[PDB]
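The chains referred to below are lettered A, B, ... by the order of the sequence lines, with proteins before strands, and numbering in each begins at 1. Structure determined by X-ray crystallography, 2.0 Å. Atoms within each ligand, like the ligands themselves, are counted from 1 in listed order. Side-chain atoms are counted along with the backbone in the values below, which use heavy atoms only and exclude waters and symmetry mates.
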Number of protein chains: 2
Amino acid sequence: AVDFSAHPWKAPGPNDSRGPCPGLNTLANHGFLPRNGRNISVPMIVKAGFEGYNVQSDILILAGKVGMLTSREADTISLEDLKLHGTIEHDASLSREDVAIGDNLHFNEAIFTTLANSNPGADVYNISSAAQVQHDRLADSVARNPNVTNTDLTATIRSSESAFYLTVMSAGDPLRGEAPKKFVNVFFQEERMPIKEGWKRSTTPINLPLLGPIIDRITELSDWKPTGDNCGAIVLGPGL
Amino acid sequence: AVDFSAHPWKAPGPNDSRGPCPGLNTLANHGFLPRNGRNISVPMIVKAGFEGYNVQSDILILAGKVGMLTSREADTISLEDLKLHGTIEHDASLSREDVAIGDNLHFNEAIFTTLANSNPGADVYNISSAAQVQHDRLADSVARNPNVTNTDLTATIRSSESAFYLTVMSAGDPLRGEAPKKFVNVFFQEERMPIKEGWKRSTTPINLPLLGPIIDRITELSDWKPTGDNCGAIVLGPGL
Ligand code: HEM
Ligand code: HEM
Ligand SMILES: C[C@]12CC[C@H]3[C@@H](CCC4=CC(=O)CC[C@@]43C)[C@@H]1CC[C@@H]2O
Ligand SMILES: C[C@]12CC[C@H]3[C@@H](CCC4=CC(=O)CC[C@@]43C)[C@@H]1CC[C@@H]2O
Ligand SMILES: *[C@@H]1O[C@H](CO)[C@@H](O)[C@H](O)[C@H]1NC(C)=O
Ligand SMILES: *[C@@H]1O[C@H](CO)[C@@H](O)[C@H](O)[C@H]1NC(C)=O
Ligand SMILES: *[C@@H]1O[C@H](CO)[C@@H](O)[C@H](O)[C@H]1NC(C)=O
Ligand SMILES: *[C@@H]1O[C@H](CO)[C@@H](O)[C@H](O)[C@H]1NC(C)=O
Ligand SMILES: [Mg+2]
Ligand SMILES: [Mg+2]
């Protein structure tokens, strides 16, 4: 029971904190999280993710508390803090550049081209297109970034993020692992819920049981292999 | 402001949650944290560690948020949750057994013997004794624990914990990196502030600048070296 008319999209202003995550950015841009993107807690993320997307607490508590590590504060972050490389933020993003060779924070259209051009001849993105995109994005990083980090952990996060856009921006049952291109494109390009375009919050809860087989299938189809030491160590706090 | 006389030691009851950390347990046993050891946030830890020990927010925010990962809750833990092996809890503890070959949670006198017998002929523990104890405890784990984990991360946490007992249970300036045996022994064995015995909260702030060189010196004197997997990966949540 949520009124989205009470949660209009507004462009972030100059001092509004935004991060590398289109999911949290979009929530902020609709006031499900504070529009200023600051002093955000895990409880706020849980509630916002539920209200906006029908994403459940299981994934948001797990991801949320890892994200809290990126700030210097006891129990909040600014959305921009999440750019901290090697906590959650990773190389071979769908819409951002690798931190060693560019901007790991802002939407980048040239990077997004690979996703935007995926699944030619359908009007949806799906599990096989998502996997191909992941394969191609990793190949790009391996080719152009000598400092690329690619581990079981980064690969899992990446597949989770692909599963997120397929499910949250779905038309049908998020189970189907497919989302209209016109919805997903608005999500990434404008960090807006495509309400005008016909999108509605899922009526099916999106949780780890639902996401898990989608994640695993994306990974499997992506023809993935580790790089280097394959160490799943995260950065535990900023400025260590 | 803070009145220690209003914070008497009381033994935990059977349903009071206690963890592998004598620092947090002691605070709970004095009501600086909830005596039941539950529903504890990073802000609560920050305030309790300041009031009880003069430990500053820098280290408590960093450690606190890593510890939050051990629970299934959005922003709190039970003290017992911190026993989760491979988040913070590690092998070659000073006063607990390795989880693969015993109890990683409760104080164990036989394990503590090594610490208790360190620095023979002085009435203090100090940086060189702390280092010897760490060397000997790791040797014990390598000898007796087929599942031993020893990484740069576990070694650093271990030196941090040793620096904690040398500083928080100090008589003089915590700078000196030495603490009376009679204070440290009560701290570990009873998880009590040794007020009766003459201990007072440090009047010098204990923060990362103060602890850093003590930690590094303990590590250096401990003659530590990597032994296998040196991947400093933490466990990101329970039930994975
Ligand atoms: C609530 C639903 C969520 C959705 C739908 C979502 C969606 C996404 C998507 C699609 C990406 C990939 C962007 C890209 O590769 O360019 C992403 C990245 C990210 N998300 Fe989320 N997210 C959500 C929740 C969260 C939470 C709770 C956190 C942390 C508290 C988080 C932190 C991040 C971070 C740090 C990245 C950067 C990874 C990278 O691309 O390097 N997200 N998110
Ligand atoms: C955020 C705050 C804290 C958290 C989350 C935390 C957590 C932990 C955990 C999980 C352990 C078990 C490590 C192991 O031995 O396997 C531990 C050990 C320890 N902690 Fe804490 N701690 C905190 C603050 C403090 C403080 C303020 C002190 C001050 C005295 C302290 C002193 C110790 C000591 C001495 C040990 C070693 C126990 C042993 O090796 O037997 N801790 N801590
Ligand atoms: C929550 C998270 C995305 C989802 C990941 C999680 C790591 C563990 C994990 C394993 C799986 O098999 C499913 C996805 C999950 C549940 C990641 C840690 C940080 C990241 O944002
Ligand atoms: C906070 C912490 C103790 C202090 C550690 C920190 C890891 C990084 C670190 C490196 C140092 O050189 C000093 C101690 C510190 C700052 C640890 C992570 C978990 C543990 O409780
Ligand atoms: C994705 O769509 C393409 C084209 O419509 C199709 O060939 C492919 O089999 C689909 N994959 C999945 C997983 O449904
Ligand atoms: C935990 O603490 C919060 C914050 O004070 C409170 O609202 C809540 O009721 C508590 N939960 C339990 C289980 O007591
Ligand atoms: C620790 O105490 C012993 C015995 O008093 C002494 O010989 C040693 O030098 C001390 N070490 C440090 C670092 O103070
Ligand atoms: C611990 O070591 C034993 C002996 O090598 C091995 O059989 C077992 O799988 C290990 N356990 C874990 C937790 O890996
Ligand atoms: Mg990235
Ligand atoms: Mg231990």
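In this structure, of zardaverine, testosterone, nevirapine, the molecule at ligand 4 is testosterone.
Ranked by contacts, the chain bound most extensively to testosterone (ligand 4) is, in the PDB entry, Unspecific peroxygenase. Going by heavy atoms, the other chains that come closer than 4.0 Å to testosterone (ligand 4) are B. At a cut-off of 4.0 Å, no other ligands or ions are listed near testosterone (ligand 4). With respect to atom 9 (C) of testosterone (ligand 4), the closest heavy atom belonging to the protein is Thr156(B) CG2, 3.8 Å. Looking only at protein heavy atoms, the nearest one to atom 6 (C) of testosterone (ligand 4) is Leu62(B) CD2, 4.2 Å. With hydrogens left out, the protein atom closest to atom 20 (C) of testosterone (ligand 4) is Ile157(B) CG1, 4.0 Å, a heavy atom.
Remark: atom 3 (C) of testosterone (ligand 4) lies closer than 4.0 Å to at least one protein heavy atom. Protein heavy atom at the shortest distance from atom 18 (C) of testosterone (ligand 4) is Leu236(A) CD1, 4.0 Å. Of all protein heavy atoms, the one closest to atom 14 (C) of testosterone (ligand 4) is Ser160(B) OG, 3.6 Å.
Proximity of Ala63(B) to testosterone (ligand 4), defined as any heavy-atom pair under 4.0 Å, is shared by backbone and side chain alike. Each of the atoms 13 (C), 14 (C) of testosterone (ligand 4) lies under 4.0 Å from some heavy atom of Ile215(B). The binding site of testosterone (ligand 4), defined by non-hydrogen atoms within 4.0 Å, is formed by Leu62(B), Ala63(B), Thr156(B), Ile157(B), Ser160(B), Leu208(B), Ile215(B).
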